[PDB]
Student: 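Please find one structure pasted underneath; my questions will follow.
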Protein chains: 2
Amino acid sequence: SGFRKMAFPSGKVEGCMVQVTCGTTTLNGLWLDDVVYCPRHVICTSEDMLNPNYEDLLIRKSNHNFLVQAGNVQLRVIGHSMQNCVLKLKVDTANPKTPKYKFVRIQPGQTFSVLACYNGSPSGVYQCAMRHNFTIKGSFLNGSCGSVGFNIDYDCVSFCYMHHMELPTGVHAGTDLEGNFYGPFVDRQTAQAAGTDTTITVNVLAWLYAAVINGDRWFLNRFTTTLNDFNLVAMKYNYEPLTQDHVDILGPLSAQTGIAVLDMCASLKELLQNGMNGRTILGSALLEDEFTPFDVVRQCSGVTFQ
Amino acid sequence: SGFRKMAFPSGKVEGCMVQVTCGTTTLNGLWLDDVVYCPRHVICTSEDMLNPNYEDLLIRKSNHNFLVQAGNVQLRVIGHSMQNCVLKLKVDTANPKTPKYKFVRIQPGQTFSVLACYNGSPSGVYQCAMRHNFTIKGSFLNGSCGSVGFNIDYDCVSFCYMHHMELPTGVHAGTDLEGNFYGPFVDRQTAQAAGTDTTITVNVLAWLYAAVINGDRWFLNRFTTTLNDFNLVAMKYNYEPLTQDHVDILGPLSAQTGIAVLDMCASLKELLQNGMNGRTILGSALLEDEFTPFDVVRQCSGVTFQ
Ligand SMILES: *C(=N)[C@H](C[C@@H]1CCNC1=O)NC(=O)[C@@H]1[C@@H]2[C@H](CN1C(=O)[C@@H](NC(=O)C(F)(F)F)C(C)(C)C)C2(C)C
Ligand SMILES: *C(=N)[C@H](C[C@@H]1CCNC1=O)NC(=O)[C@@H]1[C@@H]2[C@H](CN1C(=O)[C@@H](NC(=O)C(F)(F)F)C(C)(C)C)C2(C)C
């Protein structure tokens, strides 16, 4: 038993992390096969951060201007191109530790593990979710750019995030592995701020199911509710509307615990209107929306990865 | 910026995880060099779990009775011995992925990362701390025994825990890598329960320092206090007494933020007596005691590992 914020094993991702240096700027890069992916602001000095012209700055740089280290071995760059906000440095050596990987763009509310890296070396791993304002509540410092977010399916690593910058109130923004920013954010040091963030309702219900599996069933009531009635209360408390797709996704959790999805919605409605009254659910005094239904199933069924 | 429950990268530990099967029981094993470490109840059936005689059961088993798989390759066992509660199966092949490792026994209050594994394959990684009752608030299921807890120092992996069993109220107990149980627990299916657990005071203060580094400074007051006065209030709220060693350990955090340790103790004293009044610290509505001062420094300074 027991429920924790489990992150995916980082072994496969660790073998792909390299250090990319251009001039004086240094940050992390993702080495897959013979292509290294890194944020495009490596070619920027501190003075260029305000109003950078990335296309203009990439003109003045050649292949030898990019310094890539894979541990204690320097990788020879034989080509370079820019796709959106990420650089693709082609190297003469393919990474022998490249796993089966995919480039995916996640939707808001989905979770993934972030491998925080500095100077090409991993510092730690933690799970995170893409909030509805297209930000993440991560932990990044100077030089952490290039750290990637990933999901693992058996032996397949689904890369879905690359850290690029930090927004006010301590939130972070980034791009997919194709360089496209999540949300209306640009890679320049200007006045930017994330929009209002809503609570992922489907993740809250899944987290409540994990509580029932673990024996914490004090919040369950004897009432039921319709989808429309629950959503109207959810709108007041800045909760995302619960679609039929979310209900169908929560099906396996509903079947395992013997509690209908709408019955769990009635219990959640009482919690929103009345609070927890000083009680904790799974040791947390606040409702948790960073656990997808897949995460609950994976954590409570012991799903492993090759 | 940002503060999360960061776990150590699991790449080095993943290469040491193997599956150990004896008869019908299957669990995880740690493969370091030519020795495989696993819990000793692999030689037990479901009927032996009540009152097992591990020495008696190991008599009736030979080297070929132990089935060890390293992925899709079976390892030939050429020797076996029991040290306390862990088996040492000697194999003909040394693990090529064995990193620089140490066997350490941690003290209560110290944190470490747990790599939850099933059938020799990793399921996830999460940080945890040894509570003062010698238990951990982990997440384990059937077959999770043999999962190890570890700490990483540069390139050195300090193994400090091996999961063995689950106690009531969803807490878990285990041994070091030498087979010695943490606390007064035995590896048999009998009536056992953990003692009263206290809140690790030094970890709470370190977590408060991380809040100050991240800008959350609403809880800071203008008062100071002595060590004795703070401890007396701490005893009432089931908080561990703050020794001088804890104060000296919190030194780097005190110097970085410009706040004296005793000044932070006065702020903590107010929080214990008055509560948070509906406010959150680092997004948490409850005080967190699972972050050692080293964890705060490592997280806030970006300490990496080879
Ligand atoms: C990459 N190594 C850093 C890591 C940042 C810095 C501290 N926490 C992080 O995640 N990324 C940056 O320096 C990016 C980058 C320039 C500026 N930047 C920022 O994160 C800045 N914030 C913004 O630009 C904002 F808030 F408007 F989005 C900073 C002032 C440093 C927080 C570029 C090229 C956009
Ligand atoms: C190893 N794979 C399992 C994993 C357990 C089971 C569910 N969560 C876990 O951590 N470990 C065990 O089955 C151990 C083991 C026998 C029984 N056991 C227990 O955890 C039992 N609890 C106790 O014995 C208690 F509470 F008294 F400490 C159980 C009833 C399964 C929770 C042996 C050989 C001690």
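Read the sequence lines top to bottom; their chains are A, B, and onward. The residue numbers of chain A are those assigned by the PDB entry, with the residues present covering 1-306 sequentially. Quick note: numbers on chain B are straight from the PDB entry, i.e. 1-306, in order. Heads up, header says this was done by X-ray crystallography, 2.8 Å. Every number for a ligand or one of its atoms is a count from 1 in the order of the listing.
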Student: Quick one: what's the drug at ligand 1 called?
Tutor: nirmatrelvir (bound form)
Student: What is the name in UniProt of the chain with the largest share of contacts to nirmatrelvir (bound form, ligand 1)?
Tutor: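 Its main partner is 3C-like proteinase nsp5.
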Student: Could you check which other chains have a non-hydrogen atom under 4.0 Å from nirmatrelvir (bound form, ligand 1)?
Tutor: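 Other chains under 4.0 Å (heavy atoms): A, B.
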Student: Which atom of which residue carries a covalent bond to nirmatrelvir (bound form, ligand 1), or is there none?
Tutor: A:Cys145 SG
Student: Which residue is it, and how far: the UniProt active-site residue of chain A nearest to nirmatrelvir (bound form, ligand 1), by heavy-atom distance to 1 Å?
Tutor: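 The UniProt active-site residue nearest nirmatrelvir (bound form, ligand 1) by heavy atoms is A:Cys145, 2 Å.
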Student: What is the UniProt domain of chain A where most residues contacting nirmatrelvir (bound form, ligand 1) are found?
Tutor: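 It's the UniProt domain Peptidase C30.
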Student: Provide the residues lining nirmatrelvir (bound form, ligand 1) within 4.0 Å, heavy atoms only.
Tutor: A:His41, A:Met49, A:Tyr54, A:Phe140, A:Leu141, A:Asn142, A:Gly143, A:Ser144, A:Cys145, A:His163, A:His164, A:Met165, A:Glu166, A:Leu167, A:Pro168, A:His172, A:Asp187, A:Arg188, A:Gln189, A:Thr190, A:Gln192, B:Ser1
